[PDB]
Amino acid sequence: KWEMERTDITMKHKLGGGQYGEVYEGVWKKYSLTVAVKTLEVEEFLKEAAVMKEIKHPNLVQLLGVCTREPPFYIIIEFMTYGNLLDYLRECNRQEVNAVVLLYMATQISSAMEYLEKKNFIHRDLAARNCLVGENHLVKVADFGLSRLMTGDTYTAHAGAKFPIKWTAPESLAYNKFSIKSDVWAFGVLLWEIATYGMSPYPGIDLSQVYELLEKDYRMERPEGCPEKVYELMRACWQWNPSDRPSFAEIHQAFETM
Ligand SMILES: CNC(=O)c1cc(Oc2ccc(NC(=O)Nc3cc(C(C)(C)C)nn3-c3ccc4ncccc4c3)c(F)c2)ccn1
């Protein structure tokens, strides 16, 4: 019942200024409803759809349908008007997108991640560039496969593997060890991204030197205007030992009872 017919969608523009891969603005003509359309090798492409069929949460991206074993193949997703969170923060009116709205943003992502934690999913690339902003500041967690779509300024090699270095937990850099706790660390950086209205992490520091810095216990400074308690949440997310890091259940609770 997920199967749609290609011709029921009118295809329009490339999303994200054309830096988010083969994903388009489209319209489900029957409902006059704007949708996002991922277009197409096929076995990875089909496995994405399968995963997304088992994802239902208000702060996670929502499959609407697929067009299958015929090219072009589509994955059709509910449309998020305002696009990615990174660019959103960077270009927003900060009286409208004020500290309350920043908090509401973080609280939404932690709910999404609480849900992924319960489902034993590991995201592996959490960051503001992978979050979507819709009407009334609704935020949804997504995965655009950006490691194949971006450059060495964001994704590059550490010890012979490719990483989004400045979002990557130390044990993942050192052992290719990925877990829900490596996603917590990433969440830490994403909280810093939100609080800075989309500043790049470790400003001015080359991706080359990040691991050694962390290892000597350096972490990023408290952003301007960020409450001490939210900063300590970042610092909790960035414990060297993944065991010492809070669960997403724990983080969500902290926002709830602030
Ligand atoms: C203006 N509006 C817009 O720009 C706009 C654009 C928009 O486009 C898309 C957004 C999200 C996706 N897809 C995903 O998010 N995939 C995903 C989620 C997860 C989770 C659920 C596990 C996080 N795992 N994987 C996921 C799973 C397997 C994968 N295998 C290979 C590659 C990637 C993969 C990703 C997409 F295809 C298109 C939607 C709404 N608005």
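We're sticking with the PDB entry numbering for chain A, so the shown stretch reads 234-273, 279-496, in order. Whatever order the structure lists ligands and atoms in, that order sets their numbers, starting from 1. Heavy atoms only: backbone and side chains are in, while hydrogens, waters and symmetry mates are out. Header lists the method as X-ray crystallography, 1.8 Å.
In this entry, more contacts with ligand 1 come from one chain than from any other, and the PDB entry calls that chain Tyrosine-protein kinase ABL1. In this structure, of avapritinib, rebastinib, tipranavir, the molecule at ligand 1 is rebastinib.
For rebastinib, the polar-atom distance check against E286 finds a nitrogen or oxygen pair separated by under 3.5 Å. Per-residue contacts place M318 under 4.0 angstrom from the following atoms of rebastinib (heavy atoms of the residue considered): 1 (C), 2 (N), 3 (C), 40 (C), 41 (N).
At least one heavy atom of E316 sits under 4.0 Å from some atom of rebastinib. Counting heavy atoms closer than 4.0 Å to rebastinib, residue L370 contributes side-chain atoms (C-beta onward) but none from N, CA, C or O.
Every atom of rebastinib is numbered from 1 in the order shown, and the set under 4.0 Å from a heavy atom of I293 is 21 (C).
Using 4.0 Å as the threshold, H361 has a heavy atom nearer than that to some atom of rebastinib. Among the ATP-binding residues UniProt records for chain A, the set within 4.0 Å of rebastinib by heavy-atom distance is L248, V256, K271, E316, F317, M318, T319, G321. Each of the following atoms of rebastinib lies closer than 4.0 Å to a heavy atom of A380: 11 (C), 15 (O). Residue counts put most contacts of chain A with rebastinib in the UniProt domain Protein kinase. Result: the UniProt active-site residue of chain A nearest to rebastinib, with minimum heavy-atom distance to 1 Å, is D363, 8 Å. Under 4.0 Å from rebastinib, not a single heavy atom of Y253 appears. Source organism (PDB entry) for chain A: Homo sapiens.
Residue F359 has no nitrogen or oxygen atom sitting less than 3.5 Å from a nitrogen or oxygen atom of rebastinib, judged on distance alone. Counting heavy atoms under 4.0 Å from rebastinib, residue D381 touches it through both backbone and side chain. In summary, the atoms of rebastinib found under 4.0 Å from a heavy atom of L248, numbered by their order in the structure, are 1 (C), 3 (C), 4 (O), 5 (C), 6 (C). Counting heavy atoms closer than 4.0 Å to rebastinib, residue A269 contributes side-chain atoms (C-beta onward) but none from N, CA, C or O.
Counting heavy atoms closer than 4.0 Å to rebastinib, residue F283 contributes nothing at all. Neighbouring residues of rebastinib under 4.0 Å (non-hydrogen atoms) are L248, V256, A269, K271, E282, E286, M290, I293, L298, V299, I315, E316, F317, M318, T319, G321, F359, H361, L370, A380, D381, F382.
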